[PDB]
**Student:** 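If you scroll down you'll find the structure; I have some questions about it.
A note on names: the letters A, B, ... follow the listed sequences, proteins ahead of strands, and every chain is numbered from 1. Worth knowing before you read on, the calculation uses all heavy atoms, side chains too, and leaves out hydrogens, waters and symmetry mates. Note that ligands are numbered from 1 as they come in the structure, with each ligand's atoms numbered from 1 the same way.
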4 protein chains.
Amino acid sequence: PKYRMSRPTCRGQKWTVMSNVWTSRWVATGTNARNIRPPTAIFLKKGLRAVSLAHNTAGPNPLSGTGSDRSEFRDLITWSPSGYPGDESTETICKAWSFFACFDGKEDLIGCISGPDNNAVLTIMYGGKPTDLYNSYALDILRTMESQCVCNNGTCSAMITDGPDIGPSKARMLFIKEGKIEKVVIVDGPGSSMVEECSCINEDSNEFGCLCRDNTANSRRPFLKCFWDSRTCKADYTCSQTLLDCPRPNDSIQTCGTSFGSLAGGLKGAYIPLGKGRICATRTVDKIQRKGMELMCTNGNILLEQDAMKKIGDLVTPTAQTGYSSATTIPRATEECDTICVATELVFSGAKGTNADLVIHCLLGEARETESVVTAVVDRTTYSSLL
Amino acid sequence: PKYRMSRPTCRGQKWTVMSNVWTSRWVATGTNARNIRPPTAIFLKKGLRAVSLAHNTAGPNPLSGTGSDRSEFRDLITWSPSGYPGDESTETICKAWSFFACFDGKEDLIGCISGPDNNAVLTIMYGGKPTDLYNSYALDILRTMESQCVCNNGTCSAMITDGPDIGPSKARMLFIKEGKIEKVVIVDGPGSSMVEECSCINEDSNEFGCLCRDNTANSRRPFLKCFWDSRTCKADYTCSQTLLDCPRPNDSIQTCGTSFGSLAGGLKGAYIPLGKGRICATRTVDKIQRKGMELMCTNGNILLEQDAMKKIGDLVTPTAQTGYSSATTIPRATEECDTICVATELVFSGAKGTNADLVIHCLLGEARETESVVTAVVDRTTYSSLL
Amino acid sequence: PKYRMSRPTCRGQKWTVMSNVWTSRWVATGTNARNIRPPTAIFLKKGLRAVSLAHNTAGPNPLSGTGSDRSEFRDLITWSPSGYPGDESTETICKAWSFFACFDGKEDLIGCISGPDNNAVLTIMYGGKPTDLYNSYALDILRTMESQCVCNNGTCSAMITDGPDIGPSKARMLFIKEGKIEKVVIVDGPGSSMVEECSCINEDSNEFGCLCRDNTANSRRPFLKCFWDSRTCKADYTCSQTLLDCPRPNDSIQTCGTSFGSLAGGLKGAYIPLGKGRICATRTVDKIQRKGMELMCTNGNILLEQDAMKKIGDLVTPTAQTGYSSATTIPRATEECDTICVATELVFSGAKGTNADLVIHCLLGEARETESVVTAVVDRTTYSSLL
Amino acid sequence: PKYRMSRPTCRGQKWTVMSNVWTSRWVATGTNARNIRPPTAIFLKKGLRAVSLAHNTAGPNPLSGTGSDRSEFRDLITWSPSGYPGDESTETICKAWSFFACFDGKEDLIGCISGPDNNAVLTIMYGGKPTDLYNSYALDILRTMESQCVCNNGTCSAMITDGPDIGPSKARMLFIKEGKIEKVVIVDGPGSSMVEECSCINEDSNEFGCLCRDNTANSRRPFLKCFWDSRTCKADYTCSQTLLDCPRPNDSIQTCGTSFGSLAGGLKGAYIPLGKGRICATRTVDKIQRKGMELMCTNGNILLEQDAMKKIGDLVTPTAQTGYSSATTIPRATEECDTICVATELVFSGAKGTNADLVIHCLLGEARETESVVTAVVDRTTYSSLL
Ligand SMILES: CCC(CC)O[C@@H]1C=C(C(=O)O)C[C@H](N)[C@H]1NC(C)=O
Ligand SMILES: CCC(CC)O[C@@H]1C=C(C(=O)O)C[C@H](N)[C@H]1NC(C)=O
Ligand SMILES: CCC(CC)O[C@@H]1C=C(C(=O)O)C[C@H](N)[C@H]1NC(C)=O
Ligand SMILES: CCC(CC)O[C@@H]1C=C(C(=O)O)C[C@H](N)[C@H]1NC(C)=O
Ligand SMILES: [Ca+2]
Ligand SMILES: [Ca+2]
Ligand SMILES: [Ca+2]
Ligand SMILES: [Ca+2]
């Protein structure tokens, strides 16, 4: 076993639907399907895995409080990308109401944040063993990405932040080898005031990048750019007139560098670098509601160009309720790039609480200048009354 | 591990029943037995496995629609040849309403077709990772074999087809190494007009063959013959007076080359080459209803000779409801041939929806000019009211 | 991995209770505990395992017919020696209403007999793959040991029989390497007329032996003695005045060689050779009812001496319902002998059918001239009303 | 694999909560959560594992008697540190109403005591096979630690004791290589009269120590000190004014060497050596009721100095009901010390019987003169009525 190196993502032809997690089907069926939020997909030591926080409950008679963000019962669990949480493939990982995880080629690296709001704590596990920690520095909900960390020759990196969820939230970048924090970088830059829930992908041998959430009125996502060799990072707002966050106003042309938006709030969304020159991102179809999930791409520098990001397609039924989304990269055994998949959360709720389905698209086929998407249908009308 | 090489099947003495999948027993017991259709057996990396599509539901209170063929909830799953779908051995593979799978000696190759009818997509996974795709070319239900692909020195081949399920459905052959499509052959030949649900088996070091379904009035099965070295294929109709499809008229002598039949429809059926000079196949005992499954064999060229195939025996209670059937081959360390087993589907239905049991016969023992069959009994009278 | 060699069993000090399978507890609890008969323990590739035929049903609402011996739904399953059938550790093996199994050091060897009474068939699996078969020669319920086969340097051996269960039942011995029957021995000798359900243990580098059931009026168990080098076997009645079968009359002194007994019927019981000079056996405490299970030993030749076998102790509560019993041998990594354990079946029945618990004693501690037993208490009075 | 060598624990910065076992959550959810008592954590071959005795039952309808200590249905089981007993991770080990376990770097050693009160037996398993026994010597509930044994170069040691739970209970130390008892030491010393439920940890390359329970009025804990090379042990009472047992009177200065206490009873408690010169221990916050669990540390000889131990923090909500506590050590590839975690039991009861949750803290981060503790909250108000 060798450490995976950072490498570009594979370009391709079409985003196909590798699998979906139909949690809601098993909730309505009546099995012990667990309440999960916010699911995504991460490539781990066992292969591709669905990963999510959970609540140490399950249907058909779940306990109260499944809509809560943080609690003593919150959980980090993984299961098969075509399974459901609570089935045979389910693995419990750690205590957590915020998490990250990734696989460096030898072992799984895991961040588990829990504890009280005024002094929460990141516990780092490597190989199933607790190996290190990180302490709250703003004393106001230390928290992390809710998606994959990123790795290269034994160094994995992971964003954390801490601070008022309306005011400033000065983020930090951790660099971790065999579960030990070797370096902590404070992220400065014109898009650093409030950065959270970064979705990070390796872009090339020496660089990775993230698209984050700004929970302030700003609708332009902060972008974190990091370099492996120097272990350094910086943040800038996206300049493309295509606003990626939710809620947001209409797309419009504004001078680069500054924040833009009138609607407080935010949503975690995927960063999908394609090859060394292309940038894609997911955004909701609805400007205010978390409905739909469309893929937008440009070949230009989205930090420097107000040029709009073209729509490649609808990952999901555009009126279906969605939620978070993030990508992960999976090795391709016979060429120098990683397959990239994006997982979008499909939130639902009812008499059995808040919960989420998952859908996983992957970019496959020979490289194309402009790709297309297979739309995943989300239609619960034949069983929603049992949810 | 070495790549498995194509080799003839082992002759034997008797078809014995290796195991039952008694899905109906567990449905009536009350456990979370999943609704499955076309189930069959395939030799995978874990060993012999029962393989089927499912609906992301289970008893005792299944969701509506288990009878449907293609929905967004359809998935591909595998379990123990002697277990039941949903039990501890169950593994969820991918999103699929049509599938193929096989094991090349190093990894499982898996083909998962889903998406809309007018533009479905085959996603190809190898060793658990999505590696490639193939797009719809007739824009009318791209689909595939619902049984094993075949392999040799890292190359595995799989039939796909596309087009109206009554009109022309010109099929194609994929040749795949490590999950990457290396060659696509349009299959031509006098029996190639409408070809689907091919059941394929390695015949010899350089040959493999398939017996397919023609869904028109024609009751002679299309037979696909392929050569590994040239990666080349051809389709011809069977000629023997023993008509293999269901529905069919009486057996009768007719000139070779042309289709023949009076009732539209079809049924996936097993091709069972036995050694180098012997051909067997399965067919329903009933000419019109999917009831019973008898085994017919000949030592002649079924594509060139009208001779009746000799009924070897009844795999199953001949008035029992059956369904699809197909074979798979299992390595034998002792000699240079593979063991061959046939799986026959046993469809049932009731209060808990549409579903199926499975029975698995294997040819074992000293080679015999003519073999016998243990008839697996199918009698549900003691518990059918709970179905 | 090397093949295990035949070696003597380890002498010791006390029979301790390594574990029990409390099927009845989980039946009363209300989980999906499976109806099993007749359980025993066998050392397999995964370690010590509880092994039994089952019925493809489970509580809390089992289907009818769990008291049947042979049926299409009968099953061979294994699970953890301290588990229960149907729990997480359960493995389904094959179709079977009669079975054997053992582990040769590289792979598991398994015999699965099923099919109709007038022509049943043994299917042999090696390593999870069907490898060979054996055919009914008396056309009257081919059947086998229901306990471990025995192995040595790749040859495992297993008793089978066939014939009227009241009249003659001329048994045969199979010798099997990598799943292939290499030799079949017809067992002659003055105790061969009716031999079934042999319980076989390796005794020394070149010899194994079995204590069998004679279902005729005879209460003296047939003993099969076999030699590895010549692959040969012979049968003689036990001569000890201590009658080991059930039902049986009082112990009494009679001339060696002949049958003795007045009560038709029989029961499978354990053969426990201790070292190279000692012979133990289990028998019911009650002479007619299958209640209790006591261990009897002698250092003399039980085929040649009417000397009584001394009672070492009560494996189980002497008034508790028991059933079958048989031993299995487990390697001891640091000396030339195998630990021996005896598993006794504890049958129970009720509103949820016929079923069985299991208890496993093993002989541990430094060698003693006369050993002792820890009595396993069997008392269901706090939950039996839920059975 | 190499045998693990005895080595000091790692100092750190903060006790963080690695995971909850929320058995109560799953009992109230309605799944088959098993009733467990004294649960703790132990590093085994699989990794960190939650370990406990159980009753061969589970919710939602458990069988009577879950409150009992020693019955024929008691068994030893292990599961995920973040799962629940009975879930997918559950493993059944042996029959036991008292136990120990550890992993020597190659295999799990496991000690299982069961049998009648006046003659119980310790069965010793190594790597899954029964290897040895130890017999009752006081004929009054032979019993053991209910926590990890300790290992070094293939030798693992375990405390056992025997005798009235109020009168003298002279303990013994077993030294075991590959499951065979190599040495038994009668532990003498001024604190050796009544010694039970010792919680033992490797202290340095040649030393390990235990903090035990004295079930008389005495509230100073017996401390066992053992040397690996001589395989030699001794028992002395703790002297610090900080009384560790429960029930206890107020802390007060008293002369070293003698017992001291006013209330009969006792409670298993954790010994937590930290590096070479530091000692911590757990005790209830409440002096009489098993409520809360605070961590106390000193850098002095607790056996020779009256100095109070400094309260480091509350592991748990201090009015929450707790129970047993004990530590385990986890290898660290990065340096020459082991990580140390403490598991505190959280007993609950109700309609579904007696049961327990588990919380697991681990010392992580840069070494600190004095460490802090994340307080794991225990609040069941939202679901307790279902317990
Ligand atoms: C990091 C974003 C912010 C932290 C307070 O709120 C998030 C928004 C969420 C949301 O908008 O849906 C759900 C997240 N579970 C929550 N994170 C935490 C740690 O509570
Ligand atoms: C749509 C054509 C197709 C033949 C390949 O019909 C099949 C017939 C079936 C049948 O005759 O029972 C059931 C199959 N699930 C179905 N396959 C798909 C993909 O829907
Ligand atoms: C080999 C013994 C004889 C065979 C007819 O009866 C056995 C007696 C049994 C018994 O006495 O309890 C149960 C066994 N399941 C049965 N075996 C078969 C194959 O049916
Ligand atoms: C019988 C003495 C013994 C102390 C080692 O009492 C323990 C006290 C217990 C307790 O105080 O809660 C519960 C333990 N399960 C019990 N152990 C056994 C073996 O019964
Ligand atoms: Ca915003
Ligand atoms: Ca047809
Ligand atoms: Ca008899
Ligand atoms: Ca005390």
**Student:** So what's the drug over at ligand 4?
**Tutor:** oseltamivir carboxylate
**Student:** Okay, contact question: for oseltamivir carboxylate (ligand 4), which chain racks up the most heavy-atom pairs under 4.5 Å? Name from the PDB entry, please.
**Tutor:** Neuraminidase
**Student:** With a 4.0 Å cut-off on heavy-atom distances, which other chains neighbour oseltamivir carboxylate (ligand 4)?
**Tutor:** D
**Student:** Binding site of oseltamivir carboxylate (ligand 4): which residues fall under 4.0 Å, heavy atoms only?
**Tutor:** D:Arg37, D:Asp69, D:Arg70, D:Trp97, D:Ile141, D:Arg143, D:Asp165, D:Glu196, D:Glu197, D:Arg213, D:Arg290, D:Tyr324
**Student:** Yes or no, since that's all I need: does a protein heavy atom fall within a distance strictly under 4.0 Å of atom 6 (O) of oseltamivir carboxylate (ligand 4)?
**Tutor:** no
**Student:** I need the nearest protein heavy-atom contact for atom 20 (O) of oseltamivir carboxylate (ligand 4): residue, atom name and distance, please.
**Tutor:** D:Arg70 NH1, 3.1 Å
**Student:** Which residue supplies the protein heavy atom nearest to atom 17 (N) of oseltamivir carboxylate (ligand 4), what is that atom called, and how far is it?
**Tutor:** D:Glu197 OE2, 4.3 Å
**Student:** Report yes if some N/O of D:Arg37 lies less than 3.5 Å from some N/O of oseltamivir carboxylate (ligand 4); otherwise report no.
**Tutor:** yes
**Student:** Should you measure from each heavy atom of D:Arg290, which atoms of oseltamivir carboxylate (ligand 4) turn up under 4.0 Å away?
**Tutor:** 10 (C), 11 (O), 12 (O)
**Student:** Who's the nearest protein heavy-atom neighbour of atom 14 (C) of oseltamivir carboxylate (ligand 4), and how far?
**Tutor:** D:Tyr324 OH, 3.5 Å
**Student:** Would you look up which organism the entry lists as the source of chain D?
**Tutor:** Wuhan asiatic toad influenza virus
**Student:** Could you say whether the N/O atoms of D:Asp165 and oseltamivir carboxylate (ligand 4) ever approach to under 3.5 Å?
**Tutor:** no
**Student:** Do me a favour and list the nearest non-hydrogen protein atom to atom 2 (C) of oseltamivir carboxylate (ligand 4) with residue, atom name and distance?
**Tutor:** D:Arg143 NE, 3.6 Å
**Student:** Can you report which non-hydrogen protein atom sits closest to atom 15 (N) of oseltamivir carboxylate (ligand 4), along with the distance?
**Tutor:** D:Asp69 OD1, 3.5 Å
**Student:** For D:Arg213, is at least one N or O under 3.5 Å away from an N or O on oseltamivir carboxylate (ligand 4)?
**Tutor:** yes
**Student:** Please report which non-hydrogen protein atom sits nearest to atom 4 (C) of oseltamivir carboxylate (ligand 4), along with the residue it belongs to and the distance in Å to one decimal place.
**Tutor:** D:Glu196 OE1, 3.2 Å
**Student:** Give every pair formed by an N or O atom of oseltamivir carboxylate (ligand 4) and a protein N or O atom closer than 3.5 Å, one pair per line with both atom names and the distance to 0.1 Å, or write none.
**Tutor:**
{"residue": "oseltamivir carboxylate (ligand 4)", "atom": "11 (O)", "partner": "D:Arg213", "partner atom": "NH1", "Å": "3.1"}
{"residue": "oseltamivir carboxylate (ligand 4)", "atom": "11 (O)", "partner": "D:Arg213", "partner atom": "NH2", "Å": "3.0"}
{"residue": "oseltamivir carboxylate (ligand 4)", "atom": "11 (O)", "partner": "D:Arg290", "partner atom": "NH2", "Å": "2.9"}
{"residue": "oseltamivir carboxylate (ligand 4)", "atom": "12 (O)", "partner": "D:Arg37", "partner atom": "NH1", "Å": "3.0"}
{"residue": "oseltamivir carboxylate (ligand 4)", "atom": "12 (O)", "partner": "D:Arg290", "partner atom": "NH1", "Å": "3.0"}
{"residue": "oseltamivir carboxylate (ligand 4)", "atom": "20 (O)", "partner": "D:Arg70", "partner atom": "NH1", "Å": "3.1"}

